[PDB]
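The following structure: indinavir with Protease.
In what follows, every chain begins at residue 1, and chains take the letters A, B, ... in the order their sequences are listed. Atoms within each ligand, like the ligands themselves, are counted from 1 in listed order. We use all heavy atoms of the structure for the numbers below, so side chains are in, but hydrogens, waters and symmetry mates are not.
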There are 2 protein chains.
Amino acid sequence: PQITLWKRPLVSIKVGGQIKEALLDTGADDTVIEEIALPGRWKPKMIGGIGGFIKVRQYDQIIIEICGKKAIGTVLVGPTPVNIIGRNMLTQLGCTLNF
Amino acid sequence: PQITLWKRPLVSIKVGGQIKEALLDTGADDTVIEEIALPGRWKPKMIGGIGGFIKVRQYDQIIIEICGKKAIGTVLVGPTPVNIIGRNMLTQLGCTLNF
Ligand SMILES: CC(C)(C)NC(=O)[C@@H]1CN(Cc2cccnc2)CCN1C[C@@H](O)C[C@@H](Cc1ccccc1)C(=O)N[C@H]1c2ccccc2C[C@H]1O
Ligand SMILES: [Cl-]
Ligand SMILES: [Cl-]
Ligand code: NA
């Protein structure tokens with residue numbers, strides 16, 4: 001499909017057995033989600049954007065459904081203002097910018 | 001052009017008579033550039049990132065050029081780690097998300 005940007009590119013996603021709303025974010029290197037329960041062991045990580053850095057937990061090989069597609073990859077969990085689908089996942093979806 | 005997301009979608013832009021590197025950011029509502037000299041009056045504004053809010057100067061009716069295409073709109077000037085081209089400008093360039 002083709003998503004215009006006249007409004008926020010928000011989509012429904014399934015992760016951690018839960019349905020959530022997330023932002024398709026080309027400006028994000030990684031994918032970070034609000035506090036949620038994920039399986040397996042995690043490693044610490046610092047991610048920075050406007051306003052500085054935040055500490056998140058990194059879980060790997062996590063399954064995520066986005067726009068009727070499945071992606072399996074790294075998912076960060078922490079105090080992010082909004083759920084963010086970053087490039088690590090967007091590439092799995094075969095997403096590209098066009099203009 | 002069609003831009004893949006394996007790496008950050010950086011592009012050269014023309015703004016304030018200067019040439020700069022900026023990131024095509026679908027998750028960004030606004031366009032924010034590091035300290036740069038812009039003409040006209042400005043208004044103060046607070047914008048929030050994953051790390052918190054930063055204070056910026058809001059300029060309106062600013063023209064930017066990207067890959068031969070031009071757009072006019074609001075440009076925020078402040079301490080941003082990276083220059084960001086947001087949706088308010090991406091729409092004007094006819095930039096879409098495709099997969
Ligand atoms: C207008 C402004 C630019 C202030 N907007 C944002 O920062 C929004 C904020 N919302 C949230 C919000 C905050 C307050 C109010 N409403 C909404 C979440 C989504 N971001 C957009 C991000 O894509 C911005 C980038 C900027 C950046 C890129 C590369 C290097 C440094 C900074 C961003 O924060 N990306 C980072 C990022 C993001 C997620 C996971 C990993 C990483 C690493 C890094 O790529
Ligand atoms: Cl990944
Ligand atoms: Cl605008
Ligand atoms: Na990016």
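The location of indinavir, copies and all, is ligand 1. The chains other than those of the drug that have a heavy atom under 4.0 Å from indinavir are A, B.
At 4.0 Å, heavy atom to atom, the residues around indinavir are A/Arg8, A/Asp25, A/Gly27, A/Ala28, A/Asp29, A/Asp30, A/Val32, A/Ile47, A/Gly48, A/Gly49, A/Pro81, A/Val82, A/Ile84, B/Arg8, B/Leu23, B/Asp25, B/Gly27, B/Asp30, B/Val32, B/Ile47, B/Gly48, B/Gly49, B/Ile50, B/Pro81, B/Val82, B/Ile84. The shortest N or O to N or O distance between B/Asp25 and indinavir is under 3.5 Å. Considering both main-chain and side-chain atoms, B/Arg8 never comes within under 3.5 Å of indinavir through any nitrogen or oxygen pair.
The contact set between indinavir and A/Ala28, taken as ligand atoms under 4.0 Å from a residue heavy atom, comprises 23 (O), 35 (N), 38 (C), 39 (C), 45 (O).
Atoms of indinavir lying under 4.0 Å from at least one heavy atom of B/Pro81, given by number and element, are 31 (C), 32 (C).
Indinavir places these atoms under 4.0 Å from at least one heavy atom of B/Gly49: 7 (O), 9 (C), 13 (C).
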